[PDB]
Visitor: 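I'm sharing a structure that contains PF-06463922.
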Amino acid sequence: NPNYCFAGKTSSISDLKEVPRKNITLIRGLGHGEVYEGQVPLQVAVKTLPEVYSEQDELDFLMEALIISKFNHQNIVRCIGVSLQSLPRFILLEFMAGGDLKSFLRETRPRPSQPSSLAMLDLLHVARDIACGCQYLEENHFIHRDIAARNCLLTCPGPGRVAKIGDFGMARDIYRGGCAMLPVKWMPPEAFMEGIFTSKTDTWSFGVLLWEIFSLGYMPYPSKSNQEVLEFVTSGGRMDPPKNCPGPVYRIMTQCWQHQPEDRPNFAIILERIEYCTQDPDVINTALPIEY
Ligand SMILES: C[C@H]1Oc2cc(cnc2N)-c2c(nn(C)c2C#N)CN(C)C(=O)c2ccc(F)cc21
């Protein structure tokens, strides 16, 4: 069985906390592999490996458990344990009742009925949360490679929500595929052109996540295909501000999207700038667009 090295420690599948299958109860589907709300009474999310999957699938599923289990940070989802000695194989994760960030932004957009559902400060707190997660990965020399709203989760729908990075399947694949499946809209030039990935790769992607957040869940580069985005970005093209986006927030995006990786901020600097935004009354008093 494969080994995994994070920080100074090497780990194996034998290190994963096996939870007896008999102690695990499935409650409901969550939006499926498949994913369930479960009970161990500890509430968990159950990520399953379909039995119809091959050998590489098994290994990838396994490696992802190892990866998540070795992190220790508040803005990265916890792994409760695994159930690998029965089929289908289970990974048990911290249950995030707020669901994924992209769906949340789209479903929670301010409306005529819910004009006050979300405010600028809520978006800034989500951004800060994920940036704090990205900073922890950066300082531990881990490159995520797929920072995006679809891969972030929320503890709850309501005001006390915490955002966390919840999927590590791309870092798992490159750790050990298709072109039309690559998240090119989240990738910097050196990444999609040279296959070069650094901490500054995640900075660019975080800039796109910021745009996702402040657009309230729109697909990046509206109406452009992957190949068109590739040519656009390579030529110096960048997204416009999301509707009603404060200039200080758009400025963080455009800094994350600098062409040269060395010119882009590390996450410590990103966090500082996000914090300054939350301090500025003109930023947080800005009204979000209410779609009719
Ligand atoms: C592996 C999975 O994890 C969880 C999913 C959910 C909650 N808590 C955890 N741990 C969840 C979702 N939607 N809803 C309504 C709930 C609930 N409650 C999203 N979902 C179906 C996913 O597959 C998914 C998407 C992105 C990501 F980063 C991790 C996951």
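Quick note: numbers on chain A are straight from the PDB entry, i.e. 1093-1124, 1128-1135, 1144-1279, 1286-1401, in order. Looking at the header, which is where the method is noted, we find X-ray crystallography, 1.9 Å. All ligand and atom numbering here is 1-based and tracks the order in the structure. Side chains are part of it too, since the values below use all heavy atoms of this structure and drop only hydrogens, waters and symmetry mates.
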Visitor: Which macromolecule is the chief neighbour of PF-06463922 (ligand 1) by contact count, per UniProt?
Guide: ALK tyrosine kinase receptor
Visitor: How is the binding site of PF-06463922 (ligand 1) composed, by chain and residue number, at heavy atoms under 4.0 Å?
Guide: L1122, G1123, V1130, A1148, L1196, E1197, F1198, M1199, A1200, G1202, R1253, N1254, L1256, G1269, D1270
Visitor: Any idea which atoms of PF-06463922 (ligand 1) are less than 4.0 Å away from a heavy-atom of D1270?
Guide: 28 (F)
Visitor: Give the atoms of PF-06463922 (ligand 1), by number and element, whose distance to some non-hydrogen atom of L1196 is under 4.0 Å.
Guide: 1 (C), 10 (N)
Visitor: Would you know which UniProt domain in chain A holds the bulk of residues touching PF-06463922 (ligand 1)?
Guide: Protein kinase
Visitor: Which atoms of PF-06463922 (ligand 1) sit under 4.0 Å from any heavy atom of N1254?
Guide: 28 (F)
Visitor: Go through PF-06463922 (ligand 1) atom by atom and flag the ones less than 4.0 Å from a non-hydrogen atom of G1202.
Guide: 11 (C), 12 (C), 13 (N), 14 (N), 16 (C)
